[PDB]
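Drug on board: Bestatin.
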Amino acid sequence: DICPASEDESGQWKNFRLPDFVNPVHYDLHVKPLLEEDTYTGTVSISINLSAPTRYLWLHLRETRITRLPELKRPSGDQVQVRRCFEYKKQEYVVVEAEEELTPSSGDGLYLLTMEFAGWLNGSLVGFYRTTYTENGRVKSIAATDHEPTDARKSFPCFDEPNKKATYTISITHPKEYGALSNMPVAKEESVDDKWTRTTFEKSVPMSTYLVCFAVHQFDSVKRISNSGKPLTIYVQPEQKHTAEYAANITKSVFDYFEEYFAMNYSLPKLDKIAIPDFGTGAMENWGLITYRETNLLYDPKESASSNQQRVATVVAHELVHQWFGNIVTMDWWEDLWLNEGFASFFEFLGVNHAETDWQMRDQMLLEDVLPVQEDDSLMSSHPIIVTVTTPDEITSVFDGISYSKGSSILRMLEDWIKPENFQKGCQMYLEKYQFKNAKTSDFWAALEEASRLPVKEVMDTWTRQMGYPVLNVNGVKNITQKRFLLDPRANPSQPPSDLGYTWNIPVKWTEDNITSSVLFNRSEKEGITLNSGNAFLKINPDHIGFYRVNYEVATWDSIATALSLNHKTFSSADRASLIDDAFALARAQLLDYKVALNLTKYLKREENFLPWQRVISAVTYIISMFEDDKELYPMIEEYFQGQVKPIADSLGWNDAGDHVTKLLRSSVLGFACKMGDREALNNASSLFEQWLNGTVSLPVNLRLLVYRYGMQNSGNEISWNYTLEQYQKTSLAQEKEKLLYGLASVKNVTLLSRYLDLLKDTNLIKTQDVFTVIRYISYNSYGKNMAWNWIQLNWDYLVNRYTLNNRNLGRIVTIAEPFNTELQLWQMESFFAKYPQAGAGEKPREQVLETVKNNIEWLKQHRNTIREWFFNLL
Ligand SMILES: *[C@@H]1O[C@H](CO)[C@@H](O[C@@H]2O[C@H](CO)[C@@H](O[C@@H]3O[C@H](CO)[C@@H](O)[C@H](O)[C@H]3NC(C)=O)[C@H](O)[C@H]2NC(C)=O)[C@H](O)[C@H]1NC(C)=O
Ligand SMILES: *[C@@H]1O[C@H](CO)[C@@H](O[C@@H]2O[C@H](CO)[C@@H](O[C@@H]3O[C@H](CO)[C@@H](O)[C@H](O)[C@H]3NC(C)=O)[C@H](O)[C@H]2NC(C)=O)[C@H](O)[C@H]1NC(C)=O
Ligand SMILES: *[C@@H]1O[C@H](CO)[C@@H](O[C@@H]2O[C@H](CO)[C@@H](O)[C@H](O)[C@H]2NC(C)=O)[C@H](O)[C@H]1NC(C)=O
Ligand SMILES: *[C@@H]1O[C@H](CO)[C@@H](O[C@@H]2O[C@H](CO)[C@@H](O)[C@H](O)[C@H]2NC(C)=O)[C@H](O)[C@H]1NC(C)=O
Ligand SMILES: *[C@@H]1O[C@H](CO)[C@@H](O[C@@H]2O[C@H](CO)[C@@H](O)[C@H](O)[C@H]2NC(C)=O)[C@H](O)[C@H]1NC(C)=O
Ligand SMILES: *[C@@H]1O[C@H](CO)[C@@H](O[C@@H]2O[C@H](CO)[C@@H](O)[C@H](O)[C@H]2NC(C)=O)[C@H](O)[C@H]1NC(C)=O
Ligand SMILES: CC(C)C[C@H](NC(=O)[C@@H](O)[C@H](N)Cc1ccccc1)C(=O)O
Ligand SMILES: *[C@@H]1O[C@H](CO)[C@@H](O)[C@H](O)[C@H]1NC(C)=O
Ligand SMILES: [Zn+2]
């Protein structure tokens, strides 16, 4: 209509990327929501630094429409003739053509552009939107924004690139029953009617568009004060006020820890946290207004698990890290996203480590990031940390294991190598140098290279400009050689083409008899190096500190198995987990015989630590998974591993006792017991479940999930399913809801799972934020593995229409096919993919799950007999 679409390419707006010569300085943004109508309007005025002759000005806009022909101002202050406005859909631009070109802003004078826009609050979790909740029987509303990475442009027209930093003064006209929040504190409130209020916020510091946030709400607040004297407050529904307490404690403690560690003041006068009742990601670091999904913020000590406690603490820590890395210093372009996410993923563990001293957090990095992503990054369809992105779908896709976990892992290695004290100072100098501007990876190296004089750029580039990682092959006890580690032995190790040729500069640490030594393994040492007396055993890569795997000689591996059987405590908890993790990965990759790997599990009846058990359970889950339908192998593996956990499972018992890590251990260990078919563990679950159904007995917090899952699995029926469904509706605590959803996915009943799948289309029952979680839970169920898979196929058009191909969670949902392991199942996947070839943000996940399923097929072919032999001979 006004500002209509045109297929005109002849101009610089055909470029995916914005021009270098147009730069915003300041945004004047006003929005007015019609909450009950699911609509809003706004005007935005943008001051523009023009650097080159141009007849056109363009910026990002999606879905939201322009309603008034835009208005441009010369730097002197005069009004500029405008011929046309038009939308260019292909690159999400709205363009305006001036009558006849104009002139760079040479002085302190700037162009001013004003646009009138109207958008929707319904049918979406990005941009500016409204959702509801219930309070004392009344349906209440809350409106908020979510922009990362390319959704600012849905909320309001803007220069929607992270490096187009500008300053912000936002105002909102809302009904008076409501408050309004944004990045900055309130400046002034003025009555429009006796019904409407206009809330104006004070001028922001320069910040990227994706960080710009506002909300209209009727939430209560829980308050805290930083050591700086700034108010740190969490907004929360009155009924849920008590559950905001913990997040308040951790925000205070971690805010205070960080401001000191980074040697830099938090840039805003206040900081707010709020959980939107329906929220599309886990949390979002909007400067001064961090938004949450309830499960990641709201915690009840009387009802929530230790798992939940640690999650809340970590996400809060995480989002707080961004207030420095991401907010103050932002990446120049999304290819450098890890500068944000890896740093947050790394420092989160230090944040919470300060707050909660006996959580062994620094160790837990191995379980949360390091070892999981070493699985991910051993695929051909991984990608380097520095990622080429050319579409919004490509950009959103890279919020993934690589940016977060490998980012986190290579910082962990870097810190240990360069040493913490110097890593600290180097991050500090990087922070003061690039404050309120944008950095590239190159800059962070140079920053740390000024801090250690060590070769940081030379060494870290190898870890960063190519995908994958090495396995160190041990020859003798002491000679090591490096080689790319790929899970698929048939894959071509030189692909895709890398300038660095898939060799790394590896910082290598090893323990000789309780004494530790260091070496940097140069890329150019083509025929390996020797590790610098009188030695019988050499412990390489202690605590799995380096982002690599170590393949000892078979003789050594054998000797490690025996040493574990005799006195496992000889190795640290981490070293055990790491040795077990490498061996099973090496076996998977056909680099070590499975008999050798399995032999390392023999000691387990005496295993008592969290870390080794976690990585054991991870490795076994996969093997068990591949033989699910093998009536010959399965009972044997079940029987074995049942026997290996039984003592620890019995020792810990079905009761909440012990410190944090013990409580976590009991969870995974009792769950594995149940998974492995321990009659007595299953009976504990059923018994507790039956009691829970009696309506009063509040289950031990760290056992609930297991009780709902295995209780429903073993004794669930329509009566208890219906009851569980009601309970899920009735409870206010999102953390409990999510457990109950997992419970409901556990029923061994096709009819009930079918009803459950149908509920996904009902927004009164399942929130939009939870659809993918539920699909994923159902896929874990022995019937539902195929039910969820079939349902996403039948309902693909429906999902795409509801979420759009740009939604990452929709892109990722095909990973429910990870357990598939037959040529039949692979053919199904490929057929579905060929029928719906427009994959959007699902393009990478598709590649990844396909590789995995192919690997599974090969794996079964290579290893069935060997694994069978090992189990048969033992039992
Ligand atoms: C929850 O799980 C518990 C196991 O972790 C169950 O408790 C166990 O029940 C077993 C059978 O009743 C007992 O087995 C006995 O073990 C001893 C060895 O210590 C043997 O001498 C006995 O032969 C053997 N049973 C018999 C009938 O002779 C376990 O000792 C017992 N206790 C422990 C601490 O493991 C719970 O029963 C289970 N709860 C529910 C409700 O099912
Ligand atoms: C590393 O794994 C090796 C390979 O599995 C182990 O060696 C195996 O030890 C088994 C004893 O548990 C033997 O199983 C026996 O096999 C014969 C058939 O050849 C049967 O008659 C026996 O009944 C059976 N034993 C039992 C208890 O049922 C295997 O002979 C033997 N395999 C090989 C290839 O030598 C190693 O022990 C192990 N190393 C460790 C633990 O350090
Ligand atoms: C929010 O609701 C509006 C109004 O119901 C949706 O717009 C409608 O879209 C359908 C087709 O998709 C048309 O049949 C209606 O005539 C439209 N009505 C109006 C007033 O535009 C809108 O699509 C919804 N927004 C989202 C994101 O789903
Ligand atoms: C938040 O911090 C407070 C203390 O700063 C925690 O401690 C509570 O308060 C008193 C005295 O300060 C303690 O003796 C109690 O053990 C605590 N609980 C209660 C119910 O009073 C409080 O636990 C922290 N909040 C959490 C963990 O959610
Ligand atoms: C459990 O819950 C369901 C859903 O509320 C009950 O309702 C029946 O559900 C089917 C569709 O799944 C409808 O076609 C029937 O009309 C429903 N019955 C009604 C409305 O009375 C189901 O009956 C419940 N079962 C038990 C044992 O409580
Ligand atoms: C799965 O759940 C359905 C739903 O309850 C079960 O079907 C019911 O069976 C009972 C007893 O045979 C009847 O009283 C109900 O009328 C049935 N309900 C419906 C909706 O058909 C079914 O038996 C269960 N199946 C399994 C394998 O457990
Ligand atoms: C503890 C974190 C890993 C939780 C995580 N949140 C984040 O990473 C935020 O900092 C992200 N900036 C939010 C985000 C996630 C995905 C796509 C776009 C934007 C999330 O899961 O949302
Ligand atoms: C930085 O923090 C220090 C100590 O907390 C404070 O004295 C100073 O005013 C801050 N600098 C500012 C606000 O520019
Ligand atoms: Zn983050």
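For chain A, we keep the numbers from the PDB entry: what you see runs 76-607, 612-954, in order. First listed ligand is number 1; within each ligand, the first listed atom is number 1.
To find every copy of Bestatin, look at ligand 7. Contacts with Bestatin (ligand 7) are greatest for the chain named in the PDB entry as Glutamyl aminopeptidase.
In this structure, the binding site of Bestatin (ligand 7) at 4.0 Å (heavy atoms) is formed by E223, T356, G357, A358, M359, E360, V390, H393, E394, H397, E416, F474, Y479, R887.
Residues of chain A that UniProt annotates as binding Zn(2+) and that have a non-hydrogen atom under 4.0 Å from Bestatin (ligand 7): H393, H397, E416. Nearest UniProt active-site residue in chain A relative to Bestatin (ligand 7) (non-hydrogen distance, 1 Å): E394, 3 Å. For chain A, the entry records the source organism Homo sapiens. Remark: Bestatin (ligand 7) atoms within the under-4.0 Å shell around heavy atoms of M359 are 12 (N), 13 (C). Checked against UniProt, the substrate-binding residues of chain A with a heavy atom under 4.0 Å from Bestatin (ligand 7) turn out to be: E223, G357, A358, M359, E360, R887. Below 4.0 Å from some heavy atom of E360 lie the following atoms of Bestatin (ligand 7), by number and element: 9 (C), 10 (O), 11 (C), 12 (N).
At the shortest separation from atom 9 (C) of Bestatin (ligand 7) among protein heavy atoms lies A358 O, 3.2 Å. Numbered from 1 in the order shown, with element, the atoms of Bestatin (ligand 7) that lie under 4.0 Å from a heavy atom of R887 read 16 (C), 17 (C). With a cut-off of 4.0 Å around Bestatin (ligand 7), the other ligands and ions picked up are ligand 9 (zinc ion). Shown in contact with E416 at under 4.0 Å from a heavy atom are these atoms of Bestatin (ligand 7), numbered in order with element: 8 (O), 10 (O), 11 (C), 12 (N). Residue-ligand proximity, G357 to Bestatin (ligand 7), at heavy-atom distances under 4.0 Å covers atoms 20 (C), 21 (O), 22 (O).
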